[PDB]
Peer 1: 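Have a look at the structure that comes next, please.
The chains are labelled alphabetically, A first, in the order the sequence lines are listed. For chain A, we keep the numbers from the PDB entry: what you see runs 39-65, 86-386, 388, in order. Residues 377-565, in that order, are what chain B shows, numbered as in the PDB entry. Chain C uses the PDB entry numbers throughout; the residues present, in order, are 878-953, 964-1077. Determined via X-ray crystallography, 2.5 Å. Only this structure's heavy atoms are used, side chains among them; waters, hydrogens and symmetry mates stay out. One-based numbering, in listed order, for ligands and for the atoms of each.
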Amino acid sequence: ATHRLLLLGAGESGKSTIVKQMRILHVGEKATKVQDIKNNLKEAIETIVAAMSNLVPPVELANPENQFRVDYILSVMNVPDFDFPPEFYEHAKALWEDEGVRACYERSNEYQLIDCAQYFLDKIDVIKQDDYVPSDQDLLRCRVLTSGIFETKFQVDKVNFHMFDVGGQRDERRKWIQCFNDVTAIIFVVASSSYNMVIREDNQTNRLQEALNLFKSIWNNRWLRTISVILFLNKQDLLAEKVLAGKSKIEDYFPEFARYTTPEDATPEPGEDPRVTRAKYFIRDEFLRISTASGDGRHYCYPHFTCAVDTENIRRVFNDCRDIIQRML
Amino acid sequence: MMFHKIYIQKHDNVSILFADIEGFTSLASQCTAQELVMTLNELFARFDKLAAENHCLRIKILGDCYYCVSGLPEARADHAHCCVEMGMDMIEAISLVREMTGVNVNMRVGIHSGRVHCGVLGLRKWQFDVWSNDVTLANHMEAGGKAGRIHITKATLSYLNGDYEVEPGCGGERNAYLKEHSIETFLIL
Amino acid sequence: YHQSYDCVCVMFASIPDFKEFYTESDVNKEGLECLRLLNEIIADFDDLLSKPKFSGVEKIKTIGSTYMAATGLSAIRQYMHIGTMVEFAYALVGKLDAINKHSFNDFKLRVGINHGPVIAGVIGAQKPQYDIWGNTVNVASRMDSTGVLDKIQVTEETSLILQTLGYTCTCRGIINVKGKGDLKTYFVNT
Ligand SMILES: Nc1nc2c(ncn2[C@@H]2O[C@H](COP(=O)(O)OP(=O)(O)OP(O)(O)=S)[C@@H](O)[C@H]2O)c(=O)[nH]1
Ligand SMILES: C=C[C@@]1(C)CC(=O)[C@]2(O)[C@@]3(C)[C@@H](O)CCC(C)(C)[C@@H]3[C@H](O)[C@H](OC(C)=O)[C@@]2(C)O1
Ligand SMILES: Nc1ncnc2c1ncn2[C@H]1C[C@H](OP(=O)(O)O)[C@@H](CO)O1
Ligand SMILES: [Cl-]
Ligand SMILES: [Mg+2]
Ligand SMILES: [Mg+2]
C-alpha cells in the first residue's frame, strides 16, 4: 500500500514546513541550517529598516542614536558573503528595541516581510553564540524558497507515503503537471492569516484572493476531476492574533464578511473567542463555496484548521488525514 | 480517466543514428519536384533494405533527415556495431546514387548511445517515434558531423568495444550544443 | 503510386518553448511526465480535424513538438483552402491557451504557411507513410523556423492570395533564408 501525496498552494503558504513535520514525526544536519537562520535574521532586520522611509506616512525612529545603526544595516544589505561579526547582532538587537522600528513592524502587511521575522529577532542573543545549536522549532521557522520538486518517503504503521513538495510561486507552478498522473490525494495549503497582504509576484494581488483563484483552478482542473483535496487552512495562530488585535478588519478586504454569521455545525476550541470562530469559519466557507459548486460525487474536499509550525497540531491533523485516505481512497 | 492513454515505453542501452542531406533546400530549389522525389526514393528505399540487414529499426523520414535505432524492439547487446555498420553501408549507397543519378547528394552521419522513450503521440496519424536527451544529442552529432563520414560520441565508443579505428572528432568546434555539454566526439575511419 | 499537385497550402506550427520545459529527472520518470503533456496537446490539436469547417485539412505528421498539416489535397472558391489553413492556425492557438490554463504554463505557437505545387505519396520500403515533398514544403518550414511567437508568417505570394480573401498583412521585411537567399515575408493581422 503506497500513497502519493502532492502538496499545493501559493507561495509562503506552509508547504515545506508540512514536509519538515513529517520528517520529525515519522522518519545531525542542524549545523548546516545555522547559516540559513542567520540569513533570515539579516533579511528581517534590513527589510523592516528599508521600509521606514517609504511608508505613507513615514515612521520615525524613537532614538537618534539608532540613525547610525540604520546606516550600518543598509551598508551591508547587498554584501554577498557576510561573515556576521559580533557588531551586527548588537546593532540588530538595538534597532529591534526602538519603538519606531517596532511601529513599522506593525505595518508589515504594507510591504514584503517573511513570517519568521519576530521569532528570530526575539532571540538574537541565542543565535549569535558560537556554540549555538538550532532547536526543532528553529528549523521549522527557517524560511527557504522552494524551486523544483522534492520527494520525501516515510512509513506509518507499515503503510507507505511518498510526499511531493513544489514551489508555490507563479513561475514554479508550471512544474505541478509532472505530478498530476496517479496521485492519491492533494493537500492544498493556504495562509489563512494573509487576508491583509499582497503577493510578491506583482505587489498588488491580495494573498487570500490568490489562494482562492488557485484553488478554483485546482478543483476544476481537467486532469484532477476524480482527485480528492485535503484542504489545510494554515496559520491559525497568526489569524487569531490579527483578528483579536482589531487593527486590520477582515471586512475591509472581503466585504462579504459583514453578512456572515457563524454556522450551526461550528465546533469552537475550548476557550476560543467567538470573533476568532467567526473569522476562521468564514475563510473555510469561501473555499467550500467553490468545492460545492462542482464535481458532485466524483471527488470531495476535506477542510482542516492547522498551524504548520505546531508539531502537535500536525500529528493530530495528519492522523485525521490517514482516516480519510483509508475510508475510500 | 483523467489523461489520455499514453502508448510509450522506456528503453535503456540503445543506439541512435541520424543522417541528413547537406544543402537540401538549395538542392530542391534547383531541380523539379518530380526529379527530387525520384532521387530521394531511390536513396531511401536502399537505406530501408540496409536497415533490415544491419538489425536497425527505421523511425522516420523528415524530408531529407533519415534516422533509425538499434536495440529495438528486442534488446541487443550488439547495438552500437549495427549502427556503425549501417552508417557504413549508407555512405557507399549515397555514392552509387551520386554516380547513377548525377545529383550532388552528400550526407552527414551522427551516432550516440543511451536511453530513449519510444512509441506514438496523439490520436491521429500515428507514426512510431523516439524522444530523450540522448535522442536530442544524437541529432546534434549529425549537425556537428562531417560530409561523408560517421561521427560518434564517447558513449558510443564505449559500446563498440574497440573494433573500429577512430580519430579525434572535434565536434565541439562545429556545434554549440556539443561544446556546451562537454562531449568528446570521434570520426570513424 | 505518387501524384503531382498545383496549389497545396502547407503549414508548420511549432512550440519553441517546449524543448526548455522538457527535463529528465527521477521525479518526472526520466521525462515521461513531460511527454504525457505533449500527448494532451497533440491530441487536442488532432480533434479539430473532426470539426466540419476543417474537413479539408490533412494532418501529415508531428515533428517533435511541431505540427505539420496541409489543405488542397482533396482537389485535382479557387483559393479558399489557403484561408481555411489560416483559420486552422487560429484554432490551434485556442487549444494551446486552454492547455496553458490547466497546466499553469505559457506556451505560445509559432506558425509558418506557404502554398504552391507539391508531390504526395509514400517513399521507402519500410512502411506506407503518406507525406508531401517540394520546394513549397521546404519554404513553409522556413516560414516557421524564422518566425515570431504568436504570429503567422507567410510568403509574398501567399500574402497576396490572403488579401483577395479579406486578410490584412504586415511586411516583416527582407530576410536571408538558408538555401533560398533574400525573401520578402509577411505577418497575418488579427
Ligand atoms: N506562525 C506560523 N508560521 C508558519 C506557519 N506555517 C508556516 N509558517 C512559516 O511561514 C514561512 C513560509 O512557509 P513555507 O513552508 O516556507 O512555505 P511554502 O509554502 O513552502 O512556500 P514556497 O516554497 O511555495 S515559496 C516559514 O518561515 C514557516 O515557518 C504557521 O502555521 N504559523
Ligand atoms: C519532446 C521534446 C524533445 C526535447 C524530445 C526530442 O528528443 C525531440 O523530439 C527530437 C530530437 C527527437 O524526437 C527526434 C526527432 C527530432 C525532430 C530531431 C526531435 C526534435 O528536435 C524535438 O525538438 C523540436 C525542436 O521540436 C526534440 C528535441 O524535442
Ligand atoms: N516532408 C517533410 N517533413 C518534414 N520536414 C520536411 C519535409 N520537407 C522538408 N522538410 C524540412 C527539411 C529541412 O530541414 P533539415 O532537415 O535540412 O534540418 C527543411 C527545409 O528544407 O524542411
Ligand atoms: Cl496562501
Ligand atoms: Mg516551500
Ligand atoms: Mg539538410
Peer 1: How do the PDB entries name the drug found at ligand 2?
Peer 2: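 That would be forskolin.
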Peer 1: Could you peek at this structure and say which chain has the most contacts with forskolin? A name from UniProt would do.
Peer 2: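 Most heavy-atom pairs belong to Adenylate cyclase type 5.
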Peer 1: Which other chains lie near forskolin, in the sense of having some heavy atom under 4.0 Å away?
Peer 2: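 The other chains in heavy-atom contact are B, C.
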Peer 1: Which atoms of forskolin sit under 4.0 Å from any heavy atom of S942(C)?
Peer 2: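 Answer, ordered by atom number: 26 (O).
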Peer 1: Using a 4.0 Å heavy-atom cut-off, say whether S508(B) meets forskolin through its side chain, its backbone, both or neither.
Peer 2: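 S508(B) to forskolin: backbone contact only, side chain stays beyond 4.0 Å.
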Peer 1: Quick one: what name did the entry give chain C?
Peer 2: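 Per the PDB entry: type II adenylate cyclase.
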Peer 1: Could you tell me whether atom 29 (O) of forskolin has at least one protein heavy atom nearer than 4.0 Å?
Peer 2: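 Within 4.0 Å: no protein heavy atom nearby.
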Peer 1: In chain B, which UniProt domain contributes the largest share of residues contacting forskolin?
Peer 2: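 Most of them fall in UniProt domain Guanylate cyclase 1.
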Peer 1: Is there a covalent bond from forskolin to the polymer, and if so, to which residue and atom?
Peer 2: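 No covalent bond is modeled.
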Peer 1: Kindly state if atom 17 (C) of forskolin has a protein heavy atom within a strict 4.0 Å cut-off, that is, under 4.0 Å?
Peer 2: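 Protein heavy atoms within 4.0 Å of atom 17 (C) of forskolin - there is at least one.
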Peer 1: Taking the minimum heavy-atom distance to atom 1 (C) of forskolin, which of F394(B), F895(C), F898(C), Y443(B) ranks first?
Peer 2: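 Among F394(B), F895(C), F898(C), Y443(B), the closest heavy atom to atom 1 (C) of forskolin belongs to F895(C).
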Peer 1: Who's closest to atom 22 (C) of forskolin heavy-atom-wise, of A514(B), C911(C), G941(C)?
Peer 2: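 Among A514(B), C911(C), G941(C), the closest heavy atom to atom 22 (C) of forskolin belongs to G941(C).
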Peer 1: Is there a protein heavy atom at a distance of less than 4.0 Å from atom 3 (C) of forskolin?
Peer 2: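 For atom 3 (C) of forskolin the answer is no, since every protein heavy atom stays at 4.0 Å or beyond.
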Peer 1: Quick test of your reading of the structure: of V511(B), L912(C), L513(B), whose heavy atom lies closest to atom 14 (C) of forskolin?
Peer 2: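 That would be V511(B).
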Peer 1: Backbone or side chain, does any N or O of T512(B) fall under 3.5 Å from an N or O of forskolin?
Peer 2: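 Yes; the residue has a nitrogen or oxygen that sits under 3.5 Å from a nitrogen or oxygen of the ligand.
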Peer 1: So, is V506(B) polar-close to forskolin, with some N/O to N/O distance under 3.5 Å?
Peer 2: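 N/O-N/O distance below 3.5 Å exists for this pair.
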Peer 1: Enumerate the residues contacting forskolin with a heavy-atom distance under 4.0 Å.
Peer 2: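 With heavy atoms under 4.0 Å, it is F394(B), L438(B), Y443(B), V506(B), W507(B), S508(B), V511(B), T512(B), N515(B), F895(C), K896(C), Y899(C), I940(C), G941(C), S942(C).
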